Every structure is written in C-alpha cells, then in structure tokens.
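Below, a PDB structure including L-alanosine.
To find a chain, count down the sequence lines: A is the first, B the second, and so on, and within it residues start at 1. Cropped entry; intra-crop contacts only. The header says X-ray crystallography, 2.0 Å. In each ligand, atom 1 is the first atom listed, and ligand 1 is the first ligand listed. As a basis for the values below, the full set of heavy atoms in this structure was taken, side chains included, without hydrogen atoms, waters or symmetry mates.
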Amino acid sequence: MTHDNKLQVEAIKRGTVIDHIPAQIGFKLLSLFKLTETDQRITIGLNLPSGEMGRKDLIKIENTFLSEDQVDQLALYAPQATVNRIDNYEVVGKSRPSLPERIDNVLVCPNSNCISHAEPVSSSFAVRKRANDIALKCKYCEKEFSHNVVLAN
Amino acid sequence: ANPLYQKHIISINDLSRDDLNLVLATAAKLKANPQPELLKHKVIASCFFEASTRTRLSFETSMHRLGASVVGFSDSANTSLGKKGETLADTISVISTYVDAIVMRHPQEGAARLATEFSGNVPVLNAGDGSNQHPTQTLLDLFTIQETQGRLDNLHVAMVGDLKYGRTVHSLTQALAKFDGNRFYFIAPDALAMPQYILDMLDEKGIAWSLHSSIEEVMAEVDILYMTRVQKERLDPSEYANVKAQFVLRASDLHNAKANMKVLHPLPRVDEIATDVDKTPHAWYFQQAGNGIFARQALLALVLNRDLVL
Amino acid sequence: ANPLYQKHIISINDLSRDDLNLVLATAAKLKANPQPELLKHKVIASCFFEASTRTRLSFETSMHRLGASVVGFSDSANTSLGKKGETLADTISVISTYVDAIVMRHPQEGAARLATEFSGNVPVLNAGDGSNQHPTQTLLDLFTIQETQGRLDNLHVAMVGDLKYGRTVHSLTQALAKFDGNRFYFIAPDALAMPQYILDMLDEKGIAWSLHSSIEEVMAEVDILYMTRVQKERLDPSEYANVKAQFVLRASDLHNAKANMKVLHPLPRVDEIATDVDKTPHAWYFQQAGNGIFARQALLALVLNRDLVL
Amino acid sequence: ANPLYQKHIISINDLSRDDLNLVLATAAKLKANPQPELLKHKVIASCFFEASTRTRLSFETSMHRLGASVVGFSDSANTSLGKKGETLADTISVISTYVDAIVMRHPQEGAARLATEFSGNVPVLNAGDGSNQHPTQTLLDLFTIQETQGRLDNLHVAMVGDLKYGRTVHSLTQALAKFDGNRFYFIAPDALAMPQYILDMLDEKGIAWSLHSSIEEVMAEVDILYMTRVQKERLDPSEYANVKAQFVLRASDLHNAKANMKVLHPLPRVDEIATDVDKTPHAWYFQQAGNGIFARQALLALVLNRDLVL
Amino acid sequence: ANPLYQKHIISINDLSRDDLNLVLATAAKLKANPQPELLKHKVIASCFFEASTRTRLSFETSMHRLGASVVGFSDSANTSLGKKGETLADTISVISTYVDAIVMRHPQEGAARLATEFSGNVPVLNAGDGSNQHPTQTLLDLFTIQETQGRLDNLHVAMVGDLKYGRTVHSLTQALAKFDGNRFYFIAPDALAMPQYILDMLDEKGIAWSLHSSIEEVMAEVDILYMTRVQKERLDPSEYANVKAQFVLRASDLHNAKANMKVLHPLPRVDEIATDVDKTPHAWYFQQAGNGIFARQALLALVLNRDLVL
Ligand SMILES: N[C@@H](CN(O)N=O)C(=O)O
Ligand SMILES: N[C@@H](CN(O)N=O)C(=O)O
Ligand SMILES: N[C@@H](CN(O)N=O)C(=O)O
Ligand SMILES: N[C@@H](CN(O)N=O)C(=O)O
Ligand SMILES: [Zn+2]
C-alpha cells in the first residue's frame, strides 16, 4: 500500500478534479451530468473561499478521468473552471473548458411544440458564439435560441 | 335623477370624467355599506352569447348582492340559439320585453350598441363585445388603482405584456389619460407593442410615456404594474418562448419596488406572474378581481335606481 | 357559536360523532319547521366542475329553501373554463372574493381540500371529489336510516352490489362504524368485494360483519338494504350478466323482510332495483333522495349561521 | 448508386446544390419519359399524422405513377394512434418493419428527424413537420421556376404576403440563395416582414434584397412573383383588412409585367389572388401544383432505385 | 388444393395443430422467398368497422406484398354505414359481391362469424371481433416464438400483466396448449389473474402452470416473456399505481435471463416496458410486430391460392 491518509475533508489520488466552480454551479453539474452515479469515491466542497474575495464550489472525484469533448461540456456552466487531471498531475495542455460544437443530454428545448419533449431521444443543440450571447440550435425542431432562453424557460 | 340613471353602458369612451368619478364613488359607498334590497323587485338578464365564467359570475353576484333576480344563458353552444338564423336584433327585441336590464357578452364588435337600438327603455350593459369594449373591466381596474393609490392622477403606470391586442390596456390607458400628470411605461415585445394610435392620443394631451424592454428598468418608479396576458397563439411557440424573458414577473424582481405598488392583472395569469409573487404585499390581482363586484354593483345601482346611494 | 360554524365540510372522516348528531338533529328540525329566510342575504356558489345534475339540483334547492342566492356553473365543458391553464387555486382565490360559501363538485381527488387553502374564511362544502369523498351523501343516508329506524346503533345493515368501487358505501360503512352494536352483511360479486382495509377497520373495533352471495341469505334479519349501482364498464358485458344474478332486487325477494326494513340506493338504480319494488312499503330510495334537501340545508345552516335552529 | 439512394429526405438545408440539381434533373426526365413500373414491388407508407389532402394526394399520386403500392392514414382522429402515451418512436419502429419507405406529415417540428432514428434502413421523406421543414414543396417550387425561367440563377424574385410565418418562403429563399446573382424583392406588412435571420444570411452571401410596400413598385423587374397565403387567424380582423390592401394580386396589376414572369402561390389562394388573374399567361400556380408530381416522383425514384433514371 | 383454401378464418379454436403448422410453414416460406404477384388480380376488402391502425396497416401491407388490390374503410364515423338500422348482414351481402375476400375488424364479438353466413363463397378473415377472437395476432405470436425458439413445444412461457381481460393471452395460451411439454408461469395482480376456465383446460390436458407475484421469481427459467398491456381504465388510478409495481419490465430485471429468451408484447407498451429494454437482445416486440406481415400473408395466400407456396 502507498496511499497515505484518512482525509474526509480534502485529499488526493488517481482522480479528476474540477477547479474554481462558481457558487451554486457545483451541485448543478452534479445533477446535470449525474456525476454521483459513480461507484468511485467523490469529495465535493461548496461555498468555500475563492481567489481572496469571493465564493466557489469544488469537485474531486477519485479513480476517473475526463476527456476533451467532456471537460468542454462544462464551458456553458463553469467557463473559467480548471480541470487538473490528478493521477498525479499527468495533465498536459492548459486544460480549460472551450465551447463544444454540440451540447447533448442536458439542455431542454424552449420550443413547446418540439418533438423531443414527449419522446425517448436525447436533447441535442448546435453551438454558435454570439456577441453578448450564445446561440443553440435544436437538432430536432431546428429552432435557435440564446442560452439565456434555454437556461430559464 | 342621477346622470347615469337609465343610460346604456357600452363604451368606456362614452363615459365622462364625472361619470367615472360617480361610478367609483358609488362603488366605494356600496363597499362600505351594502344595500341588499336596493334592486329587490328587478329582474336582470345575464346574456353571455360568448362564455366568460369569471366575469359572468362576477356580474351575477353583483346582481344578487343588490337583491335583484337573474335569468340568462351562456349560450356557449348550449341553448336553442338562433340557428345562425334569428338576428341579434330580434333576440333583443324579445328579451327587452321580459327584463329590466340586459347585461351581454358577445363575440362581435358592436353587439351591445346594436342591442341598444332594439331594447325598449331597457338599459344594456356591455360585458364585452369582441375586441372592442369591456367598460366594467376598466371600471374595476380604475377603482382598484384609486383605492390602493388614493388617487388616479400623478401616478407612474407600467403596462407589461401584449399591448397590441390586450384591449383592456387600451381602454385603461385611455381612461387614465382623462386624469392629469400620469406617467406611463410600456414594456412589451416589439411584435406586440402599444398601437401608435394610443401614443398619438398621449402626445396630443402632452402625457409622458416611454418604451422599455424589461420591468427592472422601471421597477423603481412604478406605482402600478399592470400585467397583461400573452396568449402563445398570438405568436409561434418558438417566438413566444424567445421573448418570454422577464415579460413574466417573479418575486425577486420586486426587491426595489415602492411600498405602495400594486401588481394588477386581468387574470388568466397562468403564464405571466409566478406564484411566489402571490405572497408579497404587492400582489393585488385577486383583490382587483374582488373589486369587480363593487364597480359592477355600482353601475347596476346607478342605471336602475334614480337616487344616489349613501 | 355552533361547532360547525364557518368550518369546511370536506371529508366525512373529519366529522366527529357529535358533528354527525348535530347535523342530523338540525336536519330534522328544519324538516319539521322550515326557515325560508335564514340565509336571506347570503350568496352561495354552486361550482360543479364535474356535472352532477341530481346532487346539484338537490344542493341548489337547499340553498333557495333557506333564502340564499345562487351563482355557479356546471362547467361540464360549457364555460370559459381555464383552458387547462388556470389552476384550481386561482379559480378559488377569485371566487372566494365574490361569495359567502363554495359548494364544489370536481373530478380530481383532493379538489375541495385544496380549495380550502385558497378560500378566504369562505367555507367550502365538498359535493364530491373524484373517488374520495361525498360528505352530504353519507349525511342524507345516515339521516334517512335514523328517521326510518329510529336510531343508528344496533342495526342490521346489508350492502349489495359494487362494494369495491362504490365509495358511497365505503363512507357509509365508516360512518355507521362510529356507532355501537351495528351488524353488517356484505353481498357482492367476488371481483367487486368490500376492500380489506374496510374489513380491517371493522375488526379493529370488534364490529360484526360477514360475506354472503345472495340477498335471500340475509333478507330475514336486515333493517337496511343498501343497494349499490353496478356500472357494466367495471366488468366486461359477459361478466356483468353472468354475475347479475340476484344482485338485482325484485319484489318477490321481500316476502320474508322485516316490517321496518327500508331499501336504499344512491340512485341511477336502472340496473339494480326492479320497478315492481317501488310499490312495496320497503322502497325508500326516492324518500332517501328527498332527505338530501334536509341534510344539506342543515350543513348550510350550521356553517353560515352562528346559532342553532330550533 | 445515385447520391440520394437510401438517404432520408428531411431538411432542404441538408441538401447540397448538387442534390437539388440531381432531383430537378430527374424530375424533368420522368416528366419527359414516364416510368410506371420503376418502383413496382415497393410498398410505401403515407403517414399523415396531420391531415393535408392536396399534399397527400400529390405524394400518393407520385407513388402510383411509379408503380409502388401505398398504405397509410390521416391521424386526424381517423385512426387509433398514440391514444394515451404511445410514442412516435414506437409507431416508426413498427411501421418501419412493414414498408420500404415512410412519407410522413406531422404537427411537431422535428418529427421526421426523430422518425429517422427509429426506422433502421427504411428512408423517411418529410412531407412537413410543424413550422420547420417541407423539402418537397421547395423542390417543386424550384423546379417550376427553373422550367419557366430556364435557370435558377440571376433572377428577380418577388415574395409577397406573410413572409414572417410562411416557412414556405423561408425555405425557398434559402434554396435560391444557393445559386448566384439572384435579386430579391420583399413585399409584406411590417407586422409580417421577412425575418432578420434570413436577411442576415443574404447579407453574408452578398445577395441583393430590398423591401417594398406594393407589388406595382417592382412589377416591371420581377421574373417570379411568389404570392403567399395570409392567414386570417394571424392578425386582427380589422388589422387584416387594413393591410390586405394590395398584398392581393389582381389582373389589373399585371399591365407592365415581363413576358416571362410567372405568378406562383403555395396554393390555398382564396384570399390573395383574384380569379381574373387565372386567365393571364402569368398565372402558374396550378401548373406549379402539377409539378409536385414530378419533383416528388424524382425524390422517391432517387432514394428507392439505385441507378439514375432512363 | 391446400386445406385452408377458400376457408373462413374466424377463430383460433377452429384451427387444428395441422392448420397452425401449415400457416407457420407458409409464413417462413414467403419470408424466405417473397412472391409479389401471387394474388395479382385479386381485390380484397379491408373493413375496419372499429379502427385499429397498426393491425390495419399490417394487414393491408400483407395484401400488397402479395400483389392484391385493396378497398375498404374505418367505420369510426368516417363512413356512412348502418346509419339508422342497416344491418351488418346487408353490408356483407353487398360487399361480398364486390371482392374476393373480406378482412374485417368489428366491436361486437360474433361479427366475423355472422359475416360468414352472408358472404357466399367469399372468405372472411377475422381481424378482431370485440373481446372474442383475433386469429392472426395469435398466429404471428406463435410464428415469432417458433422462429426465435426453434419450436412450439417444451418451452417455459411467462405471461405478465392483465391476464383476465387480455384475450390476446387467452388465445395464445390455448394455442400453445395444443403442443406438448410447455410450462406456463402466470404473473398478474389478483384482480386481473388468468381466468379459471383457462386453468381448468390446462389441468385437463395435464399441462404444468404456476402463479407468481413477480417476474424475477422465474426470470431464470423463462424462454418467452409475454408482456401484456394493462389498461388504465381497468382498475382505479390508485389501484393501478399500487400494483403496476413490477408488472412493468426494466432492463435491470434481465440480469439472469436465458440467452435465448425473447420479450414479446401485443404492442402498445408505453406503460409496461421501459425503453432501456429496447437495446437488449431479448426485446423482440418490434420484430414480433414485423412478423405480422408473414403470418397474415401466409393466411391470405392459403385461402386465396389453391396450391402451396413456391
Ligand atoms: N376570460 C374569459 C372569461 N372568463 O371566464 N374569465 O375568467 C373570456 O374572455 O371569455
Ligand atoms: N350521479 C351523477 C350526478 N347526477 O346528476 N346524479 O343524478 C354523477 O355522479 O356525476
Ligand atoms: N397542407 C395544408 C392543407 N392543404 O391545402 N392540403 O392541400 C395544411 O395542412 O395546412
Ligand atoms: N388495434 C388497437 C389499436 N392499435 O394499436 N392499432 O395498432 C385497438 O383497436 O385497440
Ligand atoms: Zn427543438
């Protein structure tokens, strides 16, 4: 055995960790991405001290990695959040959430007449960045809204 | 005796400033001291050619609170209605021989005014005629503003929602424009903006008005926040949702509101006012609806009883 | 003043033994000496969200016999009903500002209790809410048994028909179980037997009950024969007919009945009681229905009038 | 095989200029030389979840003209589909085991695309999904323009009527914007103007377009006059009348029109084009409709028969 | 000719094991080698007096796959049949002079048999007559079981859901009881258990059957898991929920299932089988549905074409 402590408050090991999550956005990610459906250990901390003047959420989930087309999926919710792979810093590029070309399974089409609502299909929206806005086009009805619309309803 | 005795109540525009004051004064008096036998031996017809349960029950309750009797029909496709044969004229010429007053709701604009030419000294009260008039709705609105703000002049009025088709706001705007120093704030999606003919009227009288995109732009100065219903059918589903933004109201939005502000709504508020608003002291749409009994009791009292009450 | 003044009448189970006695005593008093002006200046709402002509007319007649006024709707798809938009809550919050009491029939279980949380000091009387409660139906039943048998204790009660879905018999059983020494006889096709939760209750109180396949097994000891309606849709046509046997009643079956027995039925008796029964002295379903006026006049009297009557 | 073989035909946007050219090429060919046995042993499902007779008769006629067999329905309460909670997904998973191709028309916007995910190997042709796409309508329009103008590039196209909701003109505008040198003229009341997202697209491709209040304003330059339907339910009855003004075409308006101009209309024209126009050489809406057969035949041939036509 | 030539196909009970074998044999053959021109110059009547889209589309598709012509209707108020007192007898006497075969679906239990007595020489295929018989549904089920299990004898069959009213499972149970060594597992709520007359039959043939409360109780032994539809209208809304419990299948329940097991369902499954099951290799309800084409093709071929297939 080489692991070395009994820490129930803040530890480390072969696991991914998302950094600098805005307040009230940490639990959102846990739900939206069912990050607790794991069997692997998970350590989260919310509303904790930030960059010397705010509040933030923190998610540490052991024995599991994230990919490129996944970390990115955090872009729309946790933009300036960093993701340090932690098998022991075997991270390479400055891993920061960029805007994915498509966002599936989480968003809900604002269009009430959209076929996606009463059917066994996954939501799917195309992403386009706008000045002061973000356009999401539904794969199904082909209607385009702003993320501000899609995140309220 | 009184100015409105035996008169037809068809359009809010046929009502002079004094008429509005008289109706409102009477409404307050009946509210403070009920007169359950005032219309004791009167028989009134509640003719809803077009079904309208809420305003119908409001109108009928008013009748009973004054002691009058009621006959009628919400011929919403459930009466031996003139099989698209018998004219409204003939219907009225018959009904006007049975009762002492006719309260009617109709799908076509002008119905109540037409009834007026066939009724016999029998007064007709318009309960709504298509997209034209709804006199008593403006009266309860005016009455509710007066009671809550203590006056109808020098107020800051915001109107949110469908200003293009919500004829209740057209009437309420024209009624409040009969009072001095009122300030208006119009908040609506560009596809449902206030009609230019309304703005023309306000400019003609030097009344101050302006357009805004969100309620939080004016929440600070508003005395009355009149919320309008927006029927999705007026736009396409994707369009509605897109604009839906903030044109809906929720408790968090009232953080900087004036202590005296009241939020009003004709009803059918399902899609505009979140229920977490109901608890705030600003919510006054249910009280507003409750004032319909008084404003409509007042009209019936004035038109059917020569002498003033209280 | 009285225990039920201004109280909501929603579930027969919220009614204590004394409440039942009070209602029944009041009903008898009003039956012996009418009070046509007791609710003179009251205005009551008859809201049948679900059409129910018989109980509606019974309820409304009760209102008029006490002098009260009535507004309402049997919005059985013929009112500007909230286009599946406006909540029942909002409907009640509006209506509770117009009237003094709300009598409502609704398709969903819990409707009346929900109205209770939105009405304002305005009492709500449940005229039936889905498959849950029908308080006044149990009251008229209880009242009819008391009048004909002279008491509600130490009786032999047979209940025939659909005991599984006939919620009127569930309520009546639980109400009679609030009295001592009652004996029950349950006669029903096995597919529509009394629910075990009901039998559990009776065992819990040591009340004597038993199952029988035909009415002629117990006709000799029965004081009250409560006939239930059996809707064929509850079973398939071939099934219904197959069991139909004797679960229907006809004059010949009453040869050995006790002089004091009364045959009761909620109505819609079309398929259960042959007309050759109507003439016997045991037939009492039409008198039973007639007692609805008294039991419901009694509730209205108690909830809207502080002091007891007679 | 051909580029469209076994391909789903859901959105016009998914169609490349190449694709459009191939479909139009095939259409001309079948028109010149019919092939009645091309799809002899094929069975096609004509699934109109939402009724639309003309489009349905045009589509099915196309299937027969190619020799295919047809089965289907019109879910307008004519069938027993999805009563309680039966999904479109399951419907497709079933029907896709019966037929060689599914032609569907549905009230919801992404129906055809969804069908695509549950029809394994069976091609789905969108006959219209709510306010979204209608591929074949656009193809028949382009075919008509090409056949009457001899090309699809460098033309003067005028589009009149309800340009805001007419998704027919949105799809046609985008289709034509895939060809070069076209100039557009948009004639519509302010409340129903071409959407900004469409103009944005034209700008970014550097395509010329201008707005006009009347047809006569550009009648002299136009090669194609696309007349659209203006639904009454859209605006206010009085609104309509006030604007219908000239967004209505009459024979008199064609005095100075180009010899080659053709007047097109999606079809239901009752309230937009006066019958006196029907006689002029410019009226081409019935011919346009007739072309639906060739465009739709071409599409079916392409997805169901490996090699090109001849 | 073949044993079923020109024979009416009304009840599964009238079908001998020999008959079932012949139908299933033909079905496999046509499936392997389609014969699109077999019934070329035949015209078949598709008479759905009671609507049923899927069954109708499956049946008509079968007719086309064999090359026959089809005419018919869906009497769901879509036609002008038997307005006042026009009998089914007369309808058949008429239609039987037009076509070579009648496929009918009717709300009343002995419709197809009656049709048989007025159709002189024209064969009638029962597509469903009320709660009685549905021959082709059973044939497609047996075919599916045979094709996936390689036999119809010595299997472990589980039937879940509404075994009391699902006449689909009554017919299938009886069909399988004509083969040897089958063991049955009946899973259903007490109020919807397999009927005693069915168990009586199994006993007298010495067939093994047992009752179980949950699927997991026998999931390990089952070769065929027949899931049935549980109609909401059956029990009480609260009743349903309390029992739906696990008479619902979820992917999770298949952890220890036999590699060869197939999950079948008459089809409308919305409220019984979770979509996550659709991915497992055991889901065979859509394939089952797809087999309706071959079983129904085989039946039509047999009654309309003298010699056996090939
Ligand atoms: N708003 C309805 C009437 N109603 O019942 N309102 O509650 C109408 O305008 O027809
Ligand atoms: N029994 C009916 C009401 N009614 O009219 N009874 O006579 C119901 O329950 O809806
Ligand atoms: N397709 C049209 C109807 N129509 O004109 N069919 O030819 C609709 O569904 O609105
Ligand atoms: N045959 C079914 C409807 N259905 O699902 N048709 O595919 C019925 O009539 O109940
Ligand atoms: Zn969508």
Which components of the model belong to L-alanosine? ligands 1, 2, 3 and 4
Determine the main partner chain of L-alanosine (ligand 1) by heavy-atom contacts and give the name UniProt assigns. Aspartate carbamoyltransferase catalytic subunit
Can you tell me which other chains reach within 4.0 Å of L-alanosine (ligand 1)? Heavy atoms only, strictly under. B, C
Identify the protein heavy atom lying closest to atom 4 (N) of L-alanosine (ligand 1), giving its residue, its atom name and the separation to 0.1 Å. C:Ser80 OG, 3.1 Å
List the closest protein heavy-atom neighbour of atom 3 (C) of L-alanosine (ligand 1): residue, atom name, distance to the nearest 0.1 Å. B:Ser52 OG, 2.3 Å
Using a 4.0 Å heavy-atom cut-off, say whether C:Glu86 meets L-alanosine (ligand 1) through its side chain, its backbone, both or neither. neither
Which organism does the PDB entry give as the source of chain B? Escherichia coli
Please work out, at 4.0 Å between heavy atoms, whether the side chain, the backbone, both, or neither of B:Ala51 comes within that distance of L-alanosine (ligand 1). backbone
Shared residues: UniProt carbamoyl phosphate site in chain B vs. heavy atoms under 4.0 Å from L-alanosine (ligand 1): B:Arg54, B:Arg105
Can you find an N/O atom of B:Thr55 closer than 3.5 Å to an N/O atom of L-alanosine (ligand 1)? no
Are any other ligands or ions in the structure closer to L-alanosine (ligand 1) than 4.0 Å? none
Return the closest protein heavy atom for atom 6 (N) of L-alanosine (ligand 1) as residue, atom name and distance. B:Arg54 CB, 3.2 Å
Measure the distance from atom 9 (O) of L-alanosine (ligand 1) to every protein heavy atom, then report the residue, atom name and distance (to 0.1 Å) of the closest one. B:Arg105 NH2, 2.9 Å
Which residues of other chains have a non-hydrogen atom closer than 4.0 Å to L-alanosine (ligand 1)? B:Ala51, B:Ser52, B:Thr53, B:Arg54, B:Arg105, C:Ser80
